[PDB]
Amino acid sequence: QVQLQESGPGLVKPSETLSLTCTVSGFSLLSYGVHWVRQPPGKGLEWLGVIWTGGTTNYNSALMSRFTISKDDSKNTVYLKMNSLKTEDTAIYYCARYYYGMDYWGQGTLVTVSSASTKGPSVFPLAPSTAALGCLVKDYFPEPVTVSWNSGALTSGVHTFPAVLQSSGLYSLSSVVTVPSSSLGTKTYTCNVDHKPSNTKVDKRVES
Amino acid sequence: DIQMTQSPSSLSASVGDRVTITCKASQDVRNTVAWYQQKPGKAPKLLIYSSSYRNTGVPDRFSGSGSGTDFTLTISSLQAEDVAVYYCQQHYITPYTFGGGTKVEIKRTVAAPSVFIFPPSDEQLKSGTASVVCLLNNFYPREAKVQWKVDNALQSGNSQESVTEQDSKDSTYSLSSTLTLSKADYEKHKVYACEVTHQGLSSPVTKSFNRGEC
Amino acid sequence: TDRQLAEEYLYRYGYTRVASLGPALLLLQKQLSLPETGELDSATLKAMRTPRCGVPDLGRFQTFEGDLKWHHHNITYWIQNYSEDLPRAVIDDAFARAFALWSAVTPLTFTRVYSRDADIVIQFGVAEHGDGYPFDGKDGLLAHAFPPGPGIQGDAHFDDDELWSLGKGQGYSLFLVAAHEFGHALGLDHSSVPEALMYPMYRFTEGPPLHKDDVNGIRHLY
Ligand SMILES: [Ca+2]
Ligand SMILES: [Ca+2]
Ligand SMILES: [Zn+2]
């Protein structure tokens, strides 16, 4: 089973250097090329570069030679180093395997270029025939935030809304779920909030 | 550099309609064009490769054609799960540039929103700020008016909304509007109302609560 | 501008890293079966300018994956694109008659498919064409292929900066170059017998492309 995954710090400071590592499994970097693609949130995809099987690279001239790619075929890793980071570099970065098309992609990792310091969320219960309840993940930076319900159990009716930037400079979102109102005491509903850049997880149970 | 121009930048169609997206290349790019489908919060999926070949596990309704400078992606019978942004890319000459995307959305029947309101939690008030949230659940079309009324007095500039992307099963949207007052300003008033106007509601649905109770 | 021609030929095909230039020219003269004089004489220069396969003579492009031979016998190929120099049916056929040479002497069958899942993928391209291994323009090296294995391996590429033809007249025989390249795609390395198919330089021949050294070489494999 072919897999790719990006890892690296999300927050980086302007004019400093970013390093992402693409860890590959299920295929050989001796046999496939590996490409980097980025996408600013809500915008479209931009191609960054490629490292071919024999180790030569090619980079997008729009990146003013700030960006380089190396790999280790033994350890199944591809390395992206981009220095002199600008604000414009905030995006999701993907690594993808290319063979007549990018058929397998990483899950993408968000890289926020910012001087601001990281800050973890605060979780509050949204609590009041179908009933609705949820969680309010408030005042965190930078993105992303992961919200699951009942440790991954509850899936249908879950709506996690896009984040919102506030005059404080800190994001805020909400996850909700509609449930049968009969099952309000018979079952317990827990939201699991996961803001990794600050390394905080919170589980909140919601009731009247 | 080779430019790839996708048209249209978005389109709205119904289940069963046949959809056509194009992608023009600023210069000859042969057959080396691939189409990707990208669903929100997820990475792109290889859909078509070499102009006309269908990647493994891709339904027959997805089809690609074209060569040289003009390429077409066709969905012969659009299904509700096909909502996504669709990108084209050339891999004839570096940089392997992408098109700008084509957002495909669904037409469906009007579906009225289910409205809920959530008072601030006590844990939050123990910090000096109160967030009152209003929820419009699974409605269509996307356009909906949500205005807050505190003590029947219309509020402005102290809320902000957020809308999900079109659901891939029922083609509905969901929206949240969050009113944020300070603790002091929260306690100056009693009735907190959320009035919602939408095409599936013959008349505005209001959902409210009184502070010193709920 | 002749010593620089030699330094680039020797580097590209692997003699330089294995090795004054005398010693490296001696590795080349032996490997190509020329008079081993150790000098950049006329015959070595003639050879250095003859069109040939782009695959190195000592070493490889890179470290590949696996044991560089196919572990199944129903080999599937994909013709990914065509050159404008020949009708598609003529190109489809040249690749069929090129593969037939090899089935005629091995436990392998060649079945055409229409998928990037094929083991052998055939592709025409010019300069940089999607591998790390760009072609050189008109003449020089005419094609390259890769040892058996996953992904890029097993594939065969042809320099579309050349004029592709079949029999006599102008241009390089797509049938003969393909037959050489499919040798690389089955596990063979270059031969040193001037009259073998896996000999790296291009020679137009009618009559049988395969030579004793090729059938023996393909056999210690399958
Ligand atoms: Ca292959
Ligand atoms: Ca050439
Ligand atoms: Zn060769």
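Here is how names work: the chains are called A, B, and so on, in the same order as the sequence lines, proteins then strands, and each is numbered from 1.
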Exercise. What would the PDB call the drug seen at chains A and B?
Worked result: GS-5745
For this session: Give, per the PDB entry, the macromolecule that holds GS-5745 with the most contacts.
Result: Matrix metalloproteinase-9,Matrix metalloproteinase-9
For this session: Provide the residue numbers of chain C that sit under 4.5 Å from GS-5745 on a heavy-atom basis.
Result: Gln62(C), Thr63(C), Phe64(C), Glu65(C), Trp78(C), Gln80(C), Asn81(C), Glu84(C), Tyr114(C), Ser115(C), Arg116(C), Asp117(C), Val121(C), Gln123(C), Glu128(C), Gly130(C), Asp131(C), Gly132(C), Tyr133(C), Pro150(C), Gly151(C), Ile152(C), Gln153(C), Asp155(C), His157(C)
Exercise. Which of the residues in GS-5745 qualify as paratope towards chain C, given a heavy-atom cut-off of 4.5 Å?
Worked result: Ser28(A), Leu30(A), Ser31(A), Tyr32(A), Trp52(A), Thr53(A), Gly54(A), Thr56(A), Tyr99(A), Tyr100(A), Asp103(A), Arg30(B), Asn31(B), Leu46(B), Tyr49(B), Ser50(B), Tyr53(B), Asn55(B), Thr56(B), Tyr96(B)
Exercise. Which residues flagged by UniProt as binding Ca(2+) in chain C come closer than 4.5 Å to GS-5745 by heavy-atom distance?
Worked result: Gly151(C), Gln153(C), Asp155(C)
For this session: Tell me which UniProt Zn(2+)-binding residues in chain C have a heavy atom less than 4.5 Å from GS-5745.
Result: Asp131(C), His157(C)
Exercise. In the PDB file, what molecule name belongs to chain A?
Worked result: GS-5745 Fab heavy chain
